[PDB]
Student: 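Input: one structure, supplied below.
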Amino acid sequence: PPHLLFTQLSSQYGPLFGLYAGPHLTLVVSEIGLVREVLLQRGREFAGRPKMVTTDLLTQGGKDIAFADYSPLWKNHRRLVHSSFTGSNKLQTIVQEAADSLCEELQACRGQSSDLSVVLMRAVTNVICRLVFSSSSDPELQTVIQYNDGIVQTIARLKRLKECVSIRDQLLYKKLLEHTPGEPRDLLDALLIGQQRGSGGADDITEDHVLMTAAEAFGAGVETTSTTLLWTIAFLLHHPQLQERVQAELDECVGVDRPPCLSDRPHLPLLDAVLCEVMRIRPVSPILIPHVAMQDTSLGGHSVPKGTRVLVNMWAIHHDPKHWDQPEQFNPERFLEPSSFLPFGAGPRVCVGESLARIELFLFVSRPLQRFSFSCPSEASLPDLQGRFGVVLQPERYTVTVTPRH
Ligand code: HEM
Ligand SMILES: C[C@]12CC[C@H](O)CC1=CC[C@@H]1[C@@H]2CC[C@]2(C)C(c3cccnc3)=CC[C@@H]12
Ligand SMILES: [Hg+2]
Ligand SMILES: [Hg+2]
Ligand SMILES: [Hg+2]
């Protein structure tokens, strides 16, 4: 796989490669210094994204955030979303009530070598359809899960894809249509408020961008977080001792009861370190979304023509033995104290869900670990740590035994 291939080649040929496709050049960047040039130092010049056709379909031809070109239209559009992610004092609430749902379904499978994934998909999807449309067991969804899995699978291996996006677009359009500038209840509310306001176009966002942003916040919110929960628990199975310590940390500073609040984070540094280790050892995107050069620029000491694509090899920088000790190995300790670590990227294209992901990961990893304990079953393996990329780096299915405290 690309991220392993260019990681291996970096030791002996440079940390910087070039590939040619048509008449457009692609640089691969696999050294911390050079990625900070791309993402920080000269962040703005590399802030373009490419116009593929699969992404077009996904986002109605660059009407989202992640696959849209940097532009005044994009900067105001991002501002709106950012504001918005920020209150959400909210959740907490939203998260904790889904964590209770999740957590109360897990005990219903006590001593069951369940296969936790359907359960986590439903949990995170609740948090998200909720935080975006205030939507809610059930369901139409299968439908959501059904259309999400259809899109992911189509891309994993169209034709089949359009129809799947079309399902999502109509469904979302209905909730967009149905959707108080004082006290917003939804991320979609916030987006319509800001769209309302702007006299733009030309530069203010059409509402389509709302539909697309709402559609993207799903994809991103569910697929990144699901995976990070699946990875987290996978690792805590190969390392039971560490599972105990985090539980011991949780015991000592939160009760055996108090739903861990967001105000407990400074007091729970080993847990935060575990989330940061999970982020490090399995990048959700071992290669970022291509950054495109918005003008003639440079990198290393070399001119980079405008239109050049730049793949950031985040696996390489997070596994670089020059900046990490035994990066293959799993130590949240390596973060125990208070160069190369950018789990959400950096600069103008940094993750927009970073605030949310930190908060959302904390609140129901603390809680599953507060009420439950996760073990490799007797007649199963340990989970396979290699994992598979598309559309994020996720682990293969694994089976896990849950048992509560008492
Ligand atoms: C859970 C762990 C997550 C990690 C580690 C992560 C990491 C990243 C990274 C590395 C980037 C790209 C940086 C770049 O291209 O320059 C990114 C982009 C993005 N992430 Fe995340 N992300 C996570 C979760 C989420 C969530 C939950 C959302 C929900 C909305 C989200 C939305 C986005 C979006 C919209 C972008 C595109 C940013 C842009 O083009 O400016 N991410 N993320
Ligand atoms: C393809 C998918 C997931 C499947 C959806 O059906 C369509 C979709 C829309 C936006 C994509 C998302 C997966 C993760 C993506 C690719 C990304 C992301 C990836 C990792 C971390 N943060 C953000 C932001 C846009 C996100
Ligand atoms: Hg489908
Ligand atoms: Hg505490
Ligand atoms: Hg096992």
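For this chain, numbers begin at 1 and follow the sequence in order. If you're wondering, the header gives X-ray crystallography, 2.9 Å. All ligand and atom numbering here is 1-based and tracks the order in the structure.
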Student: Help me with this one: what macromolecule has the most contacts with ligand 2, named as in the PDB entry?
Tutor: Cytochrome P450 family 17 polypeptide 2
Student: Identify the drug located at ligand 2.
Tutor: abiraterone
Student: What residues contact abiraterone if the heavy-atom distance limit is 4.0 Å?
Tutor: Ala66, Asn148, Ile151, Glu216, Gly219, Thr224, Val284, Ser285
Student: Mind telling me which species the deposit lists for chain A?
Tutor: Danio rerio
